[PDB]
2 protein chains.
Amino acid sequence: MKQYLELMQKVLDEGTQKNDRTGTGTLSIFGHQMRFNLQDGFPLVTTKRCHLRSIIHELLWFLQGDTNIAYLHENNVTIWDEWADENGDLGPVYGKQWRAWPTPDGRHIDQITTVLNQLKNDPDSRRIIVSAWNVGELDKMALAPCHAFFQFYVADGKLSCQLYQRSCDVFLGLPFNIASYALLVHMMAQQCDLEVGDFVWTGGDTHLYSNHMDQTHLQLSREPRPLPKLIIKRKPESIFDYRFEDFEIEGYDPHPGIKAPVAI
Amino acid sequence: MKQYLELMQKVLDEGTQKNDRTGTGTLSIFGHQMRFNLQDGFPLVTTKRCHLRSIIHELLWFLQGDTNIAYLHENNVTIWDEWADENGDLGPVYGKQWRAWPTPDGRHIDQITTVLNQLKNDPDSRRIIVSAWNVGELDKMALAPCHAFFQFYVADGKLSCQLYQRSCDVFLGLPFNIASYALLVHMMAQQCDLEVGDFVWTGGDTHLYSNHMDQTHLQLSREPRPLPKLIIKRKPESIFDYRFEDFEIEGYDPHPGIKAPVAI
Ligand SMILES: Cc1nc(=O)c2cc(CN(C)c3ccc(C(=O)N[C@@H](CCC(=O)O)C(=O)O)s3)ccc2[nH]1
Ligand SMILES: Cc1nc(=O)c2cc(CN(C)c3ccc(C(=O)N[C@@H](CCC(=O)O)C(=O)O)s3)ccc2[nH]1
Ligand SMILES: *c1cc(=O)[nH]c(=O)n1[C@H]1C[C@H](O)[C@@H](COP(=O)(O)O)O1
Ligand SMILES: *c1cc(=O)[nH]c(=O)n1[C@H]1C[C@H](O)[C@@H](COP(=O)(O)O)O1
């Protein structure tokens with residue numbers, strides 16, 4: 001989509017070569033922001049084919065508060081397999097922090113129903129935030145939160161969200177991370193009787209792995225297609241009540257898929 | 001500064017009227033990014049005289065892990081007075097989270113020592129982060145962290161920093177918060193023998209209070225002037241050892257100060 005392909009060109013035009021944790025090497029920029037108006041269409045990348053099925057299941061998993069991959073395995077999603085231990089555990093990553101952030105005096109905060117209650121009862125709050133960056137449990141996590149912190153905002157009956165992604169693999173994770181949060185914004189807005197506004201993506205270390213260069217130029221030679229449309233077929237009683245079958249993407253005609261190795 | 005006045009105008013042309021928690025009223029936008037190259041000069045606003053003494057003592061108060069305004073008073077800095085209790089405490093705000101984030105099991109993480117050790121031993125890390133947004137202690141704080149989360153980055157021997165500020169009073173808090181983190185970048189870079197890079201500012205709810213319209217219009221009438229340069233006179237033996245006397249600003253020629261009421 002125009003924003004995404006301009007980001008790729010930007011990393012190529014001004015990225016600095018950097019060595020990294022996995023030993024693969026990246027081309028990197030620091031600091032970027034893009035905005036997607038969710039009323040223009042659902043932001044699912046069309047210059048390569050993305051698997052919506054994996055995106056939806058991972059988001060339903062996060063919302064259930066789950067951090068073990070068995071659910072994802074029951075649904076034929078293997079995107080988190082490489083970081084899971086022998087028991088299928090990833091440690092207190094996203095789902096646990098969203099649904100049960102532990103306090104130092106023995107409580108657990110459910111940040112997702114806190115946010116829902118804020119949007120319903122106090123939508124002009126400047127504190128409507130969900131953080132996955134829990135400094136005291138970072139060491140128990142298989143991988144530190146890439147999409148770390150996000151904030152909601154309501155203006156003129158529309159819900160907007162801004163995500164700070166501290167680390168971003170542009171080719172592989174970012175198509176998935178944009179679609180996932182746009183989906184979350186449609187579900188929140190449906191629960192609060194709000195319209196969808198903007199998804200704003202802000203990035204920290206935004207990079208392209210050295211072994212993704214050919215597939216990046218191949219993708220960069222393609223014209224974006226019209227954006228698909230998201231249809232939710234049901235309003236569940238709670239945001240924790242949605243299921244895969246409630247969503248319908250319409251009009252998605254992508255270019256061929258492009259395979260790329262994930263750096264572990 | 002060009003970017004600062006540009007944001008100021010953008011909030012006026014684009015802002016939506018919001019009833020906020022103080023019953024004052026704001027015009028706000030959501031999602032904004034600004035980039036300051038620290039090689040070009042220290043970003044202290046010149047279209048109004050800013051008081052650097054207050055900026056320095058607050059940042060030094062933060063690095064000492066102190067949340068009691070007694071120290072600020074010892075140095076006659078009055079900025080946090082309206083939020084402290086009968087004993088001068090603000091609760092576990094900025095300073096406490098930066099130097100002793102409480103783990104669920106009773107320990108504390110010093111995020112500043114962690115960051116110094118990462119910049120020295122692993123500068124390619126994509127995890128060099130300080131979070132003041134401690135979900136389990138927010139209810140104890142007099143005001144929730146405005147400048148909430150920040151990340152360091154190193155490329156080509158230069159140290160960059162991005163701040164995510166979830167709530168921003170453009171006229172009062174922002175000149176102050178920008179100078180504050182530019183200063184911290186200069187001190188970290190000196191301790192880690194790096195050159196300064198970019199200070200990237202990203203805002204969430206970015207606003208102008210209804211009772212600052214006149215002084216915002218006054219400020220928008222003034223030509224920005226060349227940026228000052230910062231000199232750190234002494235190299236302390238740790239980042240916890242700077243003192244007010246070690247910093248000099250040079251070439252700071254501002255337009256006259258502009259007085260404006262704070263919303264409490
Ligand atoms: C280096 C690295 N980059 C990543 O983007 C990344 C992503 C996740 C998890 N995640 C959020 C994923 C999103 C997309 C993925 C992926 O493997 N995509 C394949 C297709 C998988 C499928 O069939 O659905 C692809 O798009 O080619 S994995 C975990 C660690 C990571 N590590
Ligand atoms: C509504 C609100 N807006 C703020 O910007 C704000 C800022 C702080 C703390 N802070 C970050 C402060 C920075 C600057 C301030 C101020 O009143 N400045 C005056 C005079 C003080 C001085 O610097 O000598 C000025 O800049 O002229 S207060 C606390 C609560 C807030 N509340
Ligand atoms: C992490 C997880 C996700 O959902 N999407 C992402 O883009 N990533 C990427 C970022 C980086 O390339 C790697 C995580 O490694 P690190 O912790 O930043 O070193 O996966
Ligand atoms: C908070 C403190 C700071 O250092 N900088 C800021 O700009 N502010 C402002 C933001 C907002 O106007 C107010 C805090 O109120 P709220 O918690 O956002 O409702 O102070």
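Protein chains get the first letters and strands the later ones, always in sequence-line order, with residue 1 at the start of each. Recorded method is X-ray crystallography, 2.2 Å. Just so it is clear, the values below take in all heavy atoms, side chains as well, and ignore hydrogens, waters and symmetry mates. Numbering of ligands and ligand atoms starts at 1, following listing order.
- The drug at ligand 1 is raltitrexed.
- Going by contact count, the macromolecule most engaged with raltitrexed (ligand 1) is what the PDB entry calls thymidylate synthase.
- Contact chains for raltitrexed (ligand 1) (heavy atom under 4.0 Å, other chains only): A.
- Other-chain residues and nucleotides with a heavy atom under 4.0 Å from raltitrexed (ligand 1) are A:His51, A:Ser54, A:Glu58, A:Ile79, A:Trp80, A:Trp83, A:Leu143, A:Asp169, A:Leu172, A:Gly173, A:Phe176, A:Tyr209, A:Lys259, A:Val262, A:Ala263.
- Residue-ligand proximity, A:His51 to raltitrexed (ligand 1), at heavy-atom distances under 4.0 Å covers atoms 22 (C), 23 (O), 24 (O).
- Protein heavy atom nearest atom 4 (C) of raltitrexed (ligand 1), with residue, atom name and distance: A:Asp169 OD2, 3.5 Å.
- Ranking protein heavy atoms by distance to atom 26 (O) of raltitrexed (ligand 1), first place goes to A:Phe176 CE1, 4.0 Å.
- Using a 4.0 Å threshold on non-hydrogen atoms, atom 9 (C) of raltitrexed (ligand 1) counts as touching the protein.
- Near A:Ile79, with a cut-off below 4.0 Å to any heavy atom, the atoms of raltitrexed (ligand 1) are 21 (C), 28 (S).
- Under the 4.0 angstrom criterion, atom 1 (C) of raltitrexed (ligand 1) counts as having a protein heavy-atom contact.
- At a 3.5 angstrom cut-off on N or O pairs, A:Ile258 does not count as close to raltitrexed (ligand 1).
- The entry attributes the source of chain A to Escherichia coli.
- Lab note: nearest UniProt active-site residue of chain A to raltitrexed (ligand 1), heavy atoms, 1 Å precision, A:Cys146, 6 Å.
- Raltitrexed (ligand 1) has a nitrogen or oxygen under 3.5 angstrom from a nitrogen or oxygen of A:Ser54.
- Atoms of raltitrexed (ligand 1) found under 4.0 Å from any heavy atom of A:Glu58 (numbered from 1 in listed order, with element): 11 (C).
- Heavy-atom contacts of A:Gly173 reach the following atoms of raltitrexed (ligand 1): 5 (O) (cutoff under 4.0 Å).
- Among all non-hydrogen protein atoms, the one lying nearest atom 6 (C) of raltitrexed (ligand 1) is A:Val262 CG2, 4.5 Å.
- Residue list (UniProt dUMP-binding, chain A, heavy atom under 4.0 Å from raltitrexed (ligand 1)): A:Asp169, A:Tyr209.
- Atom 19 (C) of raltitrexed (ligand 1) has A:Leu172 CD1, 4.4 Å as its closest protein atom, hydrogens excluded (heavy atom only).
- Looking at A:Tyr209 next to raltitrexed (ligand 1), no N or O pair under 3.5 Å apart turns up.
- In the entry as deposited, no covalent bond from raltitrexed (ligand 1) to a chain appears.
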